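The following structure holds ruxolitinib.
Residue numbers start at 1 and run along the sequence shown. When reading the values below, keep in mind they use all heavy atoms of this one structure, side chains included, and skip hydrogens, waters and symmetry mates. The header says X-ray crystallography, 1.9 Å. Counting convention: from 1, in listed order, for ligands and their atoms alike.
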Amino acid sequence: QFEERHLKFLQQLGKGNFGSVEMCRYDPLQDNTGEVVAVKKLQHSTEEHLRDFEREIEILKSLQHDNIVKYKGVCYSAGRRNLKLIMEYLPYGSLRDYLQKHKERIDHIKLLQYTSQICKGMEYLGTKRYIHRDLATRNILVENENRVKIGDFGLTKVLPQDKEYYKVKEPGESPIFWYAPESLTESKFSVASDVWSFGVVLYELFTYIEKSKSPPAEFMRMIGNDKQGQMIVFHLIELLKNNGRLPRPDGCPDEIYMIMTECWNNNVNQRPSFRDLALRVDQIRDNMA
Ligand SMILES: N#CC[C@H](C1CCCC1)n1cc(-c2ncnc3[nH]ccc23)cn1
């Protein structure tokens with residue numbers, strides 16, 4: 001639907017490093033009335049990355065939910081080379097940056113509003129048997145002060161019809177400090193490992209993204225900052241096997257930390273569902289108000 005010649009570059013919005021997202025104006029009438037949109041492209045367009053990007057595009061196109069960023073279309077030059085994904089532009093950036101910038105004015109009730117929206121978006125993914133695999137506040141976007149959306153799906157996979165997990169190992173750096181133990185040890189991804197990562201998201205929110213309190217900083221402190229390369233993963237695995245966990249964030253109530261620790265269960269089958277997480281968050285939020 002979109003022609004590359006009418007996309008005017010304005011700035012880069014994010015880089016995630018087989019791809020990037022740009023802010024552009026789509027101005028087909030060339031009179032500066034077109035709308036500002038978000039444009040995702042590959043940073044190094046190998047055939048493998050292009051096949052993955054096509055699947056990512058189909059996944060996002062199949063999703064319609066208030067808390068999932070909106071698909072708008074695709075753009076390609078040449079024949080079908082230079083594939084680009086066109087999405088709605090969300091003006092407040094990632095939740096990670098937004099939260100950090102406004103920490104003094106965002107209270108716990110608001111954090112739980114965001115939490116509940118994230119759980120509803122994730123439950124919807126689950127109804128389609130999609131596994132996000134990269135849940136983190138850097139992959140959540142803020143549309144306005146009352147609404148966030150899951151904002152990136154570059155690692156999302158569809159479960160096989162006959163299995164409840166998807167086994168995949170990418171080359172290179174993986175966000176290991178958000179990974180469930182079974183993703184670290186067996187490369188198994190499932191709704192339940194998304195629930196583990198959601199617990200880490202909840203942790204991030206209640207730390208208000210304070211620098212020294214990030215999951216990597218906390219876990220590296222727990223394993224020893226001396227550790228390097230491949231040993232980091234090994235020690236993380238052992239740390240999690242021994243029920244080492246991220247600490248309760250400053251100011252976080254016990255009942256919210258308990259949601260985190262229940263998501264961080266070593267037993268995959270005992271982690272809560274996204275519907276129950278949303279139910280519990282909404283009950284705490286009602287109580288607080
Ligand atoms: N979410 C998320 C992270 C994602 C980066 C991670 C991988 C490529 C870019 N990203 C998307 C954006 C963005 N910003 C503003 N409006 C948008 N709409 C669709 C994506 C998007 C900024 N960074």
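- Lab note: most contacts to ruxolitinib come from the chain the PDB entry lists as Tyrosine-protein kinase JAK2.
- The organism reported in the entry as the source of chain A is Homo sapiens.
- Only the side chain of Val69 comes within 4.0 Å of ruxolitinib, counting heavy atoms alone; its backbone N, CA, C and O stay farther away.
- Contacts of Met23 with ruxolitinib, taken as heavy-atom pairs under 4.0 Å, are absent altogether.
- Across the listed options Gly14, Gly151, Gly19, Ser94, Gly14 owns the non-hydrogen atom lying nearest to atom 5 (C) of ruxolitinib.
- Counting heavy atoms under 4.0 Å from ruxolitinib, residue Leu13 touches it through both backbone and side chain.
- When only non-hydrogen protein atoms are considered, atom 16 (N) of ruxolitinib lies nearest to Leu90 N, 3.1 Å.
- Shortest contact from atom 21 (C) of ruxolitinib to any protein heavy atom: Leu141 CD1, 3.2 Å.
- Among all non-hydrogen protein atoms, the one lying nearest atom 8 (C) of ruxolitinib is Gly16 N, 3.8 Å.
- Residues with a heavy atom within 4.0 Å of ruxolitinib: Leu13, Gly14, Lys15, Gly16, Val21, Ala38, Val69, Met87, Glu88, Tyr89, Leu90, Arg138, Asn139, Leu141, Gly151, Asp152.
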